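Written out below as structure tokens is the structure these notes cover.
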Amino acid sequence: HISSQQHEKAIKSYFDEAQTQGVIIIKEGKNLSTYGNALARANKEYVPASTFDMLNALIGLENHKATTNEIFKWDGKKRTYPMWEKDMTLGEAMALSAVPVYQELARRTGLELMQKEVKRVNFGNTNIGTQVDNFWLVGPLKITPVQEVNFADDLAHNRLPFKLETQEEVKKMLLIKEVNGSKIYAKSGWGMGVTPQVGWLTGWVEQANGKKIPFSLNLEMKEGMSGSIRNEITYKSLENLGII
Ligand SMILES: *C(=O)[C@@H]([C@@H]1NC(C(=O)O)=C(S[C@@H]2CN[C@H](CNS(N)(=O)=O)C2)[C@@H]1C)[C@@H](C)O
């Protein structure tokens, strides 16, 4: 039916029309495919930004720094987004990308344990530096879109080196959409502490039949853009490829 030339052209056009530069990497079984309008982004390093929340949550839970029902209280200080001015569980903080919660979690884990855990799972360049509460936001920790799709593939298949229950607890936190029997699990990212800014959407689709298809979208955000472009491009791409 549809030629891969036409798939490549369609997905490129989604990035072109959002007036950005980006890539989406899709993995099917063992085969990695790179689509978009700036393919060379695929092996370039960027800050993980809020995508690190997934591994922050795995580490915190595995090491009993939190539980999935624990309510992280708002301290009452003004926050960047009014939606973050409330009490929340890790799960809620995951959907809202509430960095103050993931910062508190990182502080509980602590620098020594954080570094050792980031090494053990071999995440990105694995370097967190000396600042426990912003290493995923402004450097030194970096990761390529290929490395992110591989992380999502690992987590989707319970292959990371954490208890199965830890991985299931985090995965539950990541359900963002259901489309005709398919379930989309993903974590968004928007790094505003770097120039240029980076947008991420990394997760997988779980199809009706049980197959999991991981993906990582990576693009350049500029002041002005709506964050929902990350989602809109992702769904359009997955739909174009008949994955959903
Ligand atoms: C982490 O990257 C960063 C989070 N990440 C996001 C995000 O949307 O991925 C935000 S933006 C904030 C939370 N969601 C609201 C926007 N919704 S949407 N659909 O993206 O337009 C406002 C924030 C910058 C941490 C480090 O702050």
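Numbers here are sequence positions counted from 1. For ligands, and for the atoms within them, numbers begin at 1 and follow the listed sequence.
Notes: drug at ligand 1 recorded as doripenem (bound form).
What binds doripenem (bound form) most in this entry is, by the naming of the PDB entry, Beta-lactamase. Distance from atom 10 (C) of doripenem (bound form) to its nearest protein heavy atom, with residue and atom name: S97 CB, 4.2 Å. The protein heavy-atom contact nearest to atom 26 (C) of doripenem (bound form) is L137 CD2, 3.2 Å. Nearest to atom 19 (N) of doripenem (bound form) among the protein's heavy atoms is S228 N, 3.9 Å.
Residue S226 has no nitrogen or oxygen atom sitting less than 3.5 Å from a nitrogen or oxygen atom of doripenem (bound form), judged on distance alone. By the 4.0 Å heavy-atom criterion, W84 is counted among the residues contacting doripenem (bound form). Among all non-hydrogen protein atoms, the one lying nearest atom 9 (O) of doripenem (bound form) is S188 OG, 2.6 Å. As modeled, a covalent bond connects doripenem (bound form) with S50 OG. Of all the heavy atoms of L96, the ones lying under 4.0 Å from any atom of doripenem (bound form) belong exclusively to the backbone.
The residue from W136, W190, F52, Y81 that puts a heavy atom closest to atom 22 (C) of doripenem (bound form) is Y81. Among all protein heavy atoms, the one lying closest to atom 3 (C) of doripenem (bound form) is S50 OG, 2.5 Å. Looking only at protein heavy atoms, the nearest one to atom 16 (C) of doripenem (bound form) is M83 CE, 4.9 Å. Considering only non-hydrogen protein atoms, atom 20 (O) of doripenem (bound form) sits nearest to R230 NH2, 2.7 Å. The heavy-atom binding site of doripenem (bound form) at 4.0 Å consists of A49, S50, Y81, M83, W84, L96, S97, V99, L137, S188, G189, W190, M192, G227, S228, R230.
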